[PDB]
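Featured here: a structure holding R-ethopropazine.
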Amino acid sequence: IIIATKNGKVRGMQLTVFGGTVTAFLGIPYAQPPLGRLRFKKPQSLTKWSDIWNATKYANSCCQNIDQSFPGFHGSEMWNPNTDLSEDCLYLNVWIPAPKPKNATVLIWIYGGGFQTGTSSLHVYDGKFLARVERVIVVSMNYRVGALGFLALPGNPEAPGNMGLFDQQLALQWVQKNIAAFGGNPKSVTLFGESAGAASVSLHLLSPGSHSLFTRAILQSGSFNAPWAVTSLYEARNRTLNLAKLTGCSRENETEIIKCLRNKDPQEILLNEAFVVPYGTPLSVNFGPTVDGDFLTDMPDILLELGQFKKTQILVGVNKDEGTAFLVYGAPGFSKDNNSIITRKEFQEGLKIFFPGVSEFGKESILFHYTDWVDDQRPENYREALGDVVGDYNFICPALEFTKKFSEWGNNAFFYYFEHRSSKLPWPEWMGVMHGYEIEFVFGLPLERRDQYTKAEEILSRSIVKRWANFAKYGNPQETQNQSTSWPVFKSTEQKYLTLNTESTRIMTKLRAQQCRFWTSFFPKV
Ligand SMILES: *[C@@H]1O[C@H](CO[C@H]2O[C@@H](C)[C@@H](O)[C@@H](O)[C@@H]2O)[C@@H](O[C@@H]2O[C@H](CO)[C@@H](O)[C@H](O)[C@H]2NC(C)=O)[C@H](O)[C@H]1NC(C)=O
Ligand SMILES: *[C@@H]1O[C@H](CO[C@H]2O[C@@H](C)[C@@H](O)[C@@H](O)[C@@H]2O)[C@@H](O[C@@H]2O[C@H](CO)[C@@H](O)[C@H](O)[C@H]2NC(C)=O)[C@H](O)[C@H]1NC(C)=O
Ligand SMILES: *[C@@H]1O[C@H](CO[C@@H]2O[C@@H](C)[C@@H](O)[C@@H](O)[C@@H]2O)[C@@H](O)[C@H](O)[C@H]1NC(C)=O
Ligand SMILES: CCN(CC)[C@H](C)CN1c2ccccc2Sc2ccccc21
Ligand SMILES: *[C@@H]1O[C@H](CO)[C@@H](O)[C@H](O)[C@H]1NC(C)=O
Ligand SMILES: *[C@@H]1O[C@H](CO)[C@@H](O)[C@H](O)[C@H]1NC(C)=O
Ligand SMILES: *[C@@H]1O[C@H](CO)[C@@H](O)[C@H](O)[C@H]1NC(C)=O
Ligand SMILES: [Cl-]
Ligand SMILES: [Cl-]
Ligand SMILES: [Cl-]
Ligand SMILES: [Cl-]
Ligand SMILES: [Cl-]
Ligand SMILES: [Cl-]
Ligand SMILES: [Cl-]
Ligand SMILES: [Zn+2]
């Protein structure tokens, strides 16, 4: 199979999925490799090739530091890159239904990873199931991360910031220019992503350069208004100068620092990325999105509040235990190999880890808001309270505030609460429905009967896959055939949302009302 793109011909592979066929094009280049003088620059356009490019294996992953907290443990290593790390990494993948569709809706995946890590070749991002079951086209791209993707001295085009975001944007442009040759519909394109990928998706709703490159958006466990998602412009320049100091690149003429950084090999950049922040947290984002005056014209909180974004439908949601994953990355008394019963004193030490520069009074009122027990005798009270603190503050409350503000401008919005713990989840039970472990259900991995998911998990995945595809195709995430409960629109007044679980599906209102009132209204003033 060979498809003529506008820059040259590409060859894919046939895959057998569920007694049928899916065609895969893995590793299509969409930009000139950002090497040499092109490091830290925005992505440049690709030049034509007259031969046939073989797109038959995942391409290199972008340079990044690997998680090594649990060597040999599948729970953490399933997120580590599974191809070689290289600066030559700006490639994308395309999954096509077989036979060739005539005008299929396109789903574009943007992976997360704190803007520091990530790759589209991960097993749980495999788009072949979605192409097979719902006959949509799935696209995913690799984008630069860390300093090589988000180092910023604003206004300076040698390192303007938001390069990884522009990588994503150029991939969206590739779909616009090429997807029809694959049988796809460039007028029906839905972005979806998780964590930092969901925050990227929400920034594409704000960026005018991206407004004509997609139709709808899905935000799983993330948004730009989350406290970890946007780097202040003070912080950006500090961490840039700190990295120059650590490497030996402190110049005075600010353009001369970047040329010094361009002569360091990528490994010396990666080794020093960690220490650009003096006192970080488990949720620290060393180099992330900034207000650059290009991709981002103003502070995103101002654009959201004043209705300056793409007007379209959105699907937003969170998991029940978003915070627990971060507790085994620094909190005292927590571990993946015990049950992590902590004391009140260990709870107070956890808050200092996650809220280092906050007043003594601020941590006291976090403790006060989250220690009104039902059962005063339960030993896991403080353990579960600290996870809820981290999850509410960093993910759930920002996502709800995002949806409320977005829908106030007349757009249909739908919110979900994912509360099923995967039967193949390798982390212990006390960590619950963790950050990132709805992804395998969205991509339809439990549909593979040869994988030891339960029968109920196959059913829930089949339902989620249909809702997601119906949202992309028709702007309405209903499962209309098997007498499901209807997913109601999220409005600022009643704030209805749908729960996703094996046992039951229910409509509820005002998720975490009391806790998010504290985080969104009171806490910013301490
Ligand atoms: C902006 O950065 C400076 C310099 O950052 C240094 O901090 C070290 C801890 C280390 O990471 C090194 O690589 C880096 O260059 C910050 O100054 C430092 O701030 C910390 C925390 O307050 C102090 O402990 C250090 O003594 C201090 N060093 C100096 C030379 O001033 C500065 O605070 C930072 N601005 C922020 C975080 O707003
Ligand atoms: C849950 O585990 C933590 C972590 O303890 C680590 O070190 C060994 C004890 C190992 O067996 C394994 O449990 C784990 O890798 C326990 O906290 C530790 O407690 C000791 C006791 O003095 C302290 O010295 C350590 O600093 C501390 N580690 C951390 C990360 O806080 C904790 O006691 C345990 N809880 C249980 C068993 O209920
Ligand atoms: C493919 O379909 C195009 C129309 O797509 C529709 O446009 C708007 C209303 C969006 O809501 C989108 O989701 C819809 O699917 C046609 O204009 C085009 O000619 C068609 N092309 C081919 C080759 O069939
Ligand atoms: C998949 C990796 N995940 C744990 C194994 C980490 C903690 C996620 N993470 C993350 C991942 C890589 C590097 C830094 C971070 S800080 C962060 C902030 C906001 C969302 C996610 C992240
Ligand atoms: C691309 O794939 C075809 C089919 O396997 C192969 O014969 C061809 O030689 C490949 N091109 C290369 C390796 O340049
Ligand atoms: C800094 O160096 C650049 C590159 O040579 C030059 O264009 C610019 O004028 C210099 N500016 C200052 C203030 O030295
Ligand atoms: C609806 O139910 C049938 C069995 O009655 C099942 O095979 C099918 O996959 C279900 N559809 C969805 C979208 O879940
Ligand atoms: Cl469009
Ligand atoms: Cl940070
Ligand atoms: Cl709950
Ligand atoms: Cl006390
Ligand atoms: Cl609408
Ligand atoms: Cl309710
Ligand atoms: Cl609640
Ligand atoms: Zn992740």
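Starting from 1, each residue takes its place in the sequence as its number. Each ligand, and each atom within it, is numbered from 1 in the order the structure gives. Quick check of the header: X-ray crystallography, 2.3 Å. Below, all heavy atoms of this structure are taken into account, side chains as well, without hydrogens, waters or symmetry copies.
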(request) Give every ligand number or chain letter for R-ethopropazine. (result) ligand 4
(request) Name, as the PDB entry does, the macromolecule that R-ethopropazine (ligand 4) contacts most in this entry. (result) Cholinesterase
(request) Consider R-ethopropazine (ligand 4): state whether an atom of it lies below 4.0 angstrom from any non-hydrogen atom of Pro282. (result) yes
(message) Could you identify the single nearest non-hydrogen protein atom to atom 13 (C) of R-ethopropazine (ligand 4) and state the distance to 0.1 Å?
(response) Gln116 CB, 3.6 Å
(request) Determine whether the side chain, the backbone, both or neither of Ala325 has a heavy atom under 4.0 Å from any heavy atom of R-ethopropazine (ligand 4). (result) neither
(request) Report the other ligands and ions found less than 4.0 Å from R-ethopropazine (ligand 4). (result) ligand 15 (zinc ion)
(message) Check contact between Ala196 and R-ethopropazine (ligand 4), using heavy atoms of the residue and a distance below 4.0 angstrom.
(response) no
(request) Check the UniProt substrate-binding residues of chain A and list those with any heavy atom under 4.0 Å from R-ethopropazine (ligand 4). (result) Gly113, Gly114
(message) So, looking at chain A, which UniProt active-site residue gets closest to R-ethopropazine (ligand 4)? And what's the heavy-atom distance, to 1 Å?
(response) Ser195, 3 Å
(request) Return the residue, atom name and 0.1 Å-rounded distance of the protein heavy atom closest to atom 1 (C) of R-ethopropazine (ligand 4). (result) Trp79 CG, 3.5 Å
(message) What do you see: which UniProt tacrine-binding residues in chain A have a non-hydrogen atom under 4.0 Å from R-ethopropazine (ligand 4), if any?
(response) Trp79
(message) Any protein heavy-atom neighbour for atom 3 (N) of R-ethopropazine (ligand 4) (distance below 4.0 angstrom)?
(response) no
(request) Look at R-ethopropazine (ligand 4) and say whether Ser284 reaches it with a heavy atom at a distance under 4.0 Å. (result) yes
(message) Below a 4.0 angstrom heavy-atom separation, can you tell me which part of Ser195, side chain or backbone, both or neither, approaches R-ethopropazine (ligand 4)?
(response) side chain
(request) May I ask you to identify the nearest protein heavy atom to atom 6 (C) of R-ethopropazine (ligand 4), giving residue, atom name and distance to one decimal place in Å? (result) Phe326 CE2, 4.4 Å
(message) I need the residues around R-ethopropazine (ligand 4) for a figure - heavy-atom cut-off 4.0 Å, please.
(response) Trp79, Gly113, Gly114, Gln116, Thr117, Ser195, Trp228, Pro282, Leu283, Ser284, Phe326, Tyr329
